[PDB]
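Structure with BI 224436 present.
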2 protein chains.
Amino acid sequence: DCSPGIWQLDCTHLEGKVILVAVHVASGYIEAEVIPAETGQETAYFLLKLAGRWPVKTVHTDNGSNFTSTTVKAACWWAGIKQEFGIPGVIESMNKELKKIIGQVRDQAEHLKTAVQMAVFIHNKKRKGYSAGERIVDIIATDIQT
Amino acid sequence: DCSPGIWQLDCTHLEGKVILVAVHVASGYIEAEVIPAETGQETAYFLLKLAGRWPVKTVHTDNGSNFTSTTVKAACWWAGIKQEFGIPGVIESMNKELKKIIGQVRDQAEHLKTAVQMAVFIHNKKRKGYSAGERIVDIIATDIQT
Ligand SMILES: Cc1nc2ccccc2c(-c2ccc3c4c(ccnc24)CCO3)c1[C@H](OC(C)(C)C)C(=O)O
Ligand SMILES: Cc1nc2ccccc2c(-c2ccc3c4c(ccnc24)CCO3)c1[C@H](OC(C)(C)C)C(=O)O
């Protein structure tokens, strides 16, 4: 999607832990956190953080049941977020890409969470020809003036 | 400072917990996390996250001993961050402002960390006449083209 307020949120499992990954659909920019286990409360907390940093309008997921909890609904209500009911998705390979980079760097760090943030850094800085990190700020900045 | 790669990191204490606050000096934009206690490892981890998201060149603090740990030095080395040896600071009132907003919203949430992220959201979205959230993306976007 071209729309700059659209994010996708999904969890992946690795080493008995959970990685919550948010992808800015228009740019391919990622933010991630390692959490103990998938819970509504953790998703809610993550969304509050994301919304305070970026202009989040709509969120999508590959697992709709992710957003059924009261806590998630509360966070979306307060921050003014809707569920995205478009996207009938390059975000699959985006997540597998991340899991690849994590694999490449994993032995360099003790903790998974360290490897994850290393992988997010690599992903967001990598040039394509701008990086995801540059594309997100450009898209959002532009949209402010539009 | 006008320089867009400059951040200030400090911890504040509230309810027996620690709030790590990063301020983008040029814009006044904030990111924050609640941690159990001040440790080098938590500061290091926080820096890795910050660096993966923004083009962080130099970091300053009001407590220099914050950055003596091996873990912090490792994170700064890997992410290519230097200590800022300028700034001989509106960032004091910036932190007290945040603690004020937290006070205003605190009773609305069970957890301190929820109130903190609520306060970060409010701070970053508030118009001055742009918000901190808009100023950071503008400053960074502009600097990409310069
Ligand atoms: C524990 C809880 N339990 C809950 C139980 C039911 C519904 C919401 C929560 C909420 C809640 C969720 C999202 C919000 C809230 C806000 C104010 C108060 N509570 C919440 C504004 C920002 O978004 C919460 C909050 O905790 C988490 C964010 C970790 C889930 C809270 O600290 O009150
Ligand atoms: C536990 C530790 N213990 C340490 C002890 C001494 C020095 C560094 C650490 C480091 C370390 C710190 C920063 C880094 C690292 C990198 C690779 C490997 N280790 C680290 C690249 C990114 O920045 C770390 C890392 O853990 C924290 C980030 C929670 C401190 C790690 O998981 O290896």
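In what follows, chains carry the letters A, B, and so on, assigned in the order in which the sequence lines appear, proteins first and then strands, with residues in each chain numbered from 1. All ligand and atom numbering here is 1-based and tracks the order in the structure. The way this entry was determined, per its header, is X-ray crystallography, 2.1 Å. What's counted below: heavy atoms across the whole structure, side chains too, no hydrogens, waters or symmetry copies.
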(message) Quick one: what's BI 224436 (ligand 1) bound to in this structure? I mean the chain with the most contacts, named like the PDB entry names it.
(response) Integrase
(request) List the other chains with a heavy atom under 4.0 Å from BI 224436 (ligand 1). (result) A, B
(message) Students should be able to answer this: which protein heavy-atom is nearest to atom 6 (C) of BI 224436 (ligand 1), and at what distance?
(response) A:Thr70 CG2, 4.0 Å
(request) Would you mind checking which non-hydrogen protein atom is closest to atom 26 (O) of BI 224436 (ligand 1), with the distance to 0.1 Å? (result) B:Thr114 OG1, 3.4 Å
(message) Using a plain distance cutoff, I'd like to know if A:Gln41 has any nitrogen or oxygen under 3.5 Å from a nitrogen or oxygen of BI 224436 (ligand 1).
(response) no
(request) May I ask you to identify, for B:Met118, whether its side chain, its backbone, both or neither come under 4.0 Å of BI 224436 (ligand 1) on a heavy-atom basis? (result) side chain
(request) For atom 19 (N) of BI 224436 (ligand 1), find the nearest protein heavy atom and state the residue, atom name and distance (0.1 Å precision). (result) B:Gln108 O, 4.3 Å
(message) Strictly inside 4.0 angstrom of atom 24 (C) of BI 224436 (ligand 1), do you find any protein heavy atom?
(response) no
(request) Look at atom 3 (N) of BI 224436 (ligand 1) and say which protein heavy atom is nearest, naming residue and atom and giving the distance to 0.1 Å. (result) A:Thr71 CG2, 4.0 Å
(request) Provide the organism of origin for chain A from the PDB annotation. (result) Human immunodeficiency virus 1
(request) Report, in ascending order of atom number, the atoms of BI 224436 (ligand 1) lying under 4.0 Å from any heavy atom of A:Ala75. (result) 13 (C), 23 (O)
(request) Could you check atom 8 (C) of BI 224436 (ligand 1) against the protein and tell me its nearest heavy-atom contact, residue, atom and distance included? (result) A:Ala74 CB, 3.6 Å
(message) Taking 4.0 angstrom as the limit and counting only heavy atoms of A:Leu48, give me the atoms of BI 224436 (ligand 1) inside it, by number and element.
(response) 22 (C), 23 (O)
(request) Answer yes or no: does an N/O atom from B:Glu110 fall short of 3.5 Å to an N/O atom of BI 224436 (ligand 1)? (result) yes
(message) I'd love to know the binding site of BI 224436 (ligand 1) - heavy atoms within 4.0 Å, chain and number please.
(response) A:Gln41, A:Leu48, A:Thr70, A:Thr71, A:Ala74, A:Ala75, A:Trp78, B:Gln108, B:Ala109, B:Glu110, B:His111, B:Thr114, B:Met118
